[PDB]
A.B. asks: 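One structure is given below, represented as structure tokens, and several questions about it will come after.
Using the numbering of the PDB entry, the residues shown for chain A are 28-492, in order. Counting starts at 1 for both ligands and their atoms, in listed order. Heavy atoms only: backbone and side chains are in, while hydrogens, waters and symmetry mates are out. According to its header, this structure was worked out by X-ray crystallography, 2.3 Å.
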Amino acid sequence: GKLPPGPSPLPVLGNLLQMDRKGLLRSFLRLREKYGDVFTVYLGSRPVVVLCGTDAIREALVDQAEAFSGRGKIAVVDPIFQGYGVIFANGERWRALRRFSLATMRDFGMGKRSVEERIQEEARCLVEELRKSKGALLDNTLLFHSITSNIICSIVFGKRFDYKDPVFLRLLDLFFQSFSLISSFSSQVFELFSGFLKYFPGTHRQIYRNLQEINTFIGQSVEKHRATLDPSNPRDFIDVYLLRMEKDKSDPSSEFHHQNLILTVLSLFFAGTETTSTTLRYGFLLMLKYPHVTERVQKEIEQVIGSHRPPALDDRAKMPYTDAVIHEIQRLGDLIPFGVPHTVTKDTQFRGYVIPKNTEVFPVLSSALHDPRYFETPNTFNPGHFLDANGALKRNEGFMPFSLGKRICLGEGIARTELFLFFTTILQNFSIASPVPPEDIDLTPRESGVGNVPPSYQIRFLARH
Ligand code: HEM
Ligand SMILES: OC[C@H]1O[C@@H](O[C@H]2[C@H](O)[C@@H](O)[C@H](OCCCCCC3CCCCC3)O[C@@H]2CO)[C@H](O)[C@@H](O)[C@@H]1O
Ligand SMILES: OC[C@H]1O[C@H](O[C@H]2[C@H](O)[C@@H](O)[C@H](OCCCCCC3CCCCC3)O[C@@H]2CO)[C@H](O)[C@@H](O)[C@@H]1O
Ligand SMILES: OC[C@H]1O[C@H](O[C@H]2[C@H](O)[C@@H](O)[C@H](OCCCCCC3CCCCC3)O[C@@H]2CO)[C@H](O)[C@@H](O)[C@@H]1O
Ligand SMILES: OC[C@H]1O[C@H](O[C@H]2[C@H](O)[C@@H](O)[C@H](OCCCCCC3CCCCC3)O[C@@H]2CO)[C@H](O)[C@@H](O)[C@@H]1O
Ligand SMILES: c1ccc(-c2ccc([C@@H](c3ccccc3)n3ccnc3)cc2)cc1
Ligand SMILES: c1ccc(-c2ccc([C@H](c3ccccc3)n3ccnc3)cc2)cc1
Ligand SMILES: c1ccc(-c2ccc([C@H](c3ccccc3)n3ccnc3)cc2)cc1
């Protein structure tokens, strides 16, 4: 009849500066061990419910799907205004964002050319590019960001970029390069007081460069498309925009808004490719640790796909072992350990407790991905987790990398497709190696960030013959 049990928000002088997973995990584990699978922790004076393990998470996201279908909130984590929710002042801006997001999402699933085909084309170009390395040790970060990003570029501009095209490299840099922001508590307060909120990284110097060349490219590309536009046959998304602009008679202010909102949406699409990239990077790090598994996968590729044709999405149905391996990669990859926050849409009764309407809830996906109740070896790579006695693919309750229920990842489809095609196409044409012996491969993620990302590592792709 009350909120789940948990620690008190007090004392206030109890260091409101929690900043690190190595210590947040320690705290998380302690709380779960003491209060159970469902507890409440406070962010400032804000109650946040935490769900642990496969059972609790599915009972909420699935069994009471509607109740737990509310969107999470963006809360201040700093000691000042700690816990306060932050929102856009104009509710319409938000609704417009959701609208364009969905519309654009629908448009990308259209066209004569399928996404699978573009991913195959990209996989082909990746193979060729890797060959040029003649097996030298390299950091696959740039190329893995490149292959997922190029799919969006292909869809938008009509064709992919060459990996070394300056515009493309500046684009990858704009979205994924880390930059340093220098400021004091006082200077940040002063900015807000002056009416400015600069949240994203990049000083004039840093970003003005990339951005300037990028805009020029977009400008002229929109120009070329317009000069050769065929209303009967839209080639790509730029055409779709030009056509869906016919009779868009609106003042400069409103025109600006429509245009910039599209760019903002495309930006989110680009950022989203990072989850797939990271999963691929984690996957290959894992393959380095298990050379024999990698070989089995290559063997299955040989049996089903052969070596005279590129892998196709429908080949996955006949490749249970590789499928199982990819599942393990996502499971152990554990990209979003804490899950994405939700809110209950009404006072909700859950396992004897009452979660007030609008309360934030975190389904800790990591605690499910490593659930000893459903995975025989929760902390060890094991394809058996998804295979029956006859080696056929089988599902596992603990597997929920894309989350579950009504808010399940809208991109799970394209992500799975890219994972499969990139993973199999690469291993079909290459074997991999590292100075670091298998038994010494460390799967520990970077200490920074909210998600799990493999730290930089060296790997070599040996062309097969
Ligand atoms: C291996 C890759 C990916 C993983 C593991 C993943 C994971 C997730 C997870 C766990 C959520 C939160 C679900 C919840 O609220 O409970 C989420 C949401 C979402 N993802 Fe992904 N994602 C991936 C790829 C993608 C891609 C490629 C896109 C974009 C095209 C994308 C778009 C979204 C969107 C729009 C949502 C919010 C959905 C909603 O609340 O209704 N994701 N994703
Ligand atoms: O004085 C106005 C100047 O406008 C420049 O930019 C044009 C561009 O040529 C024209 O393409 C643009 O509309 C399209 C760009 C807006 C974003 C469209 C998005 C579509 C999806 C992919 C990302 C871009 O409108 C701009 C004007 O509002 C023109 O280049 C100049 O020639 C013209 O003199
Ligand atoms: O509130 C009183 C307690 O404060 C400290 O414990 C804190 C820890 O310092 C603090 O690190 C911990 O943080 C818990 C919240 C973060 C982990 C739980 C979830 C947060 C949201 C994302 C998913 C995980 O909360 C504990 C309980 O509040 C002190 O260490 C305790 O001695 C004291 O009893
Ligand atoms: O249509 C108005 C909507 O208002 C609320 O939605 C919130 C959303 O829950 C809330 O997530 C959203 O936040 C705005 C986007 C997140 C902040 C982004 C900025 C954070 C600081 C750095 C710059 C970016 O604001 C919306 C209101 O403007 C209500 O919850 C919705 O039910 C209602 O539909
Ligand atoms: O037609 C209504 C649709 O509602 C949901 O789709 C939502 C998704 O639930 C919802 O996640 C999505 O949000 C679009 C904005 C994405 C987040 C943007 C923020 C990211 C973090 C920084 C601030 C901005 O908008 C979609 C389209 O409205 C349902 O999931 C869909 O099934 C349903 O078709
Ligand atoms: C209740 C109590 C505490 C928290 C909490 C929220 C965030 C963090 C902390 C964090 C650190 C590492 C992984 C995930 C989150 N953080 C700080 C800035 N951005 C993320 C630590 C704790 C959330 C709810
Ligand atoms: C293909 C399609 C779009 C883009 C693109 C390029 C730059 C931006 C640009 C941006 C600027 C800085 C960081 C991220 C994106 N933006 C965002 C909102 N309005 C402008 C957005 C999108 C790049 C390639
Ligand atoms: C339109 C298109 C895409 C999105 C979008 C929404 C959320 C994210 C968000 C994400 C945010 C930043 C980097 C990588 C991913 N995410 C995480 C898991 N699944 C998605 C990325 C993109 C929003 C609107």
A.B. asks: Of bifonazole, topiramate, enarodustat, dinoprost, molidustat, which one is modeled at ligand 8?
C.D. replies: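 The compound there is bifonazole.
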A.B. asks: What macromolecule, as named in the PDB entry, provides the greatest number of contacts to bifonazole (ligand 8) in this entry?
C.D. replies: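 The chain with more contacts than any other is Cytochrome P450 2B4.
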A.B. asks: Which other ligands or ions are positioned less than 4.0 Å from any atom of bifonazole (ligand 8)?
C.D. replies: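 Those are ligand 1 (protoporphyrin IX containing FE), ligand 5 (5-cyclohexyl-1-pentyl-beta-D-maltoside).
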A.B. asks: Quick test of your reading of the structure: of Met132, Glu301, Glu439, whose heavy atom lies closest to atom 1 (C) of bifonazole (ligand 8)?
C.D. replies: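 Closest candidate by heavy-atom distance is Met132.
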A.B. asks: Hey, which atoms in bifonazole (ligand 8) end up nearer than 4.0 Å to a heavy atom of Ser128?
C.D. replies: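 Near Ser128, the atoms of bifonazole (ligand 8) are 1 (C), 24 (C).
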A.B. asks: What does the entry say the source organism of chain A is?
C.D. replies: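 The entry lists the source of chain A as Oryctolagus cuniculus.
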A.B. asks: Quick test: of every protein heavy atom, which one is nearest to atom 19 (N) of bifonazole (ligand 8), and how far off is it to 0.1 Å?
C.D. replies: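 Result for atom 19 (N) of bifonazole (ligand 8): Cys436 SG, 4.4 Å.
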A.B. asks: For bifonazole (ligand 8), is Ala298 a contact, meaning one of its heavy atoms is under 4.0 Å away?
C.D. replies: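 For bifonazole (ligand 8), residue contact (heavy atoms, under 4.0 Å) with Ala298 is present.
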A.B. asks: So which heavy atom in the protein is nearest atom 18 (C) of bifonazole (ligand 8), and how far is it from that ligand atom?
C.D. replies: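 Answer, as residue, atom name and distance: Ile363 CD1, 3.7 Å.
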A.B. asks: What protein heavy atom is closest to atom 8 (C) of bifonazole (ligand 8), reported as residue, atom name and distance in Å?
C.D. replies: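 Of the protein heavy atoms, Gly299 CA, 4.8 Å lies nearest.
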A.B. asks: Compare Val292, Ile179, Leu295, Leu293 and give the one whose heavy atom is closest to atom 23 (C) of bifonazole (ligand 8).
C.D. replies: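 Considering heavy atoms of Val292, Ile179, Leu295, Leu293, the nearest to atom 23 (C) of bifonazole (ligand 8) sits in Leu295.
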A.B. asks: Looking at atom 20 (C) of bifonazole (ligand 8), what's its closest protein heavy atom, distance included?
C.D. replies: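 In this structure, atom 20 (C) of bifonazole (ligand 8) has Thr302 CG2, 4.9 Å as its nearest protein heavy atom.
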A.B. asks: Which residues, given by chain and number, make up the 4.0 Å heavy-atom shell around bifonazole (ligand 8)?
C.D. replies: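 By heavy-atom distance, those would be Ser128, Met132, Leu295, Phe296, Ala298, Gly299, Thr302, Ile363.
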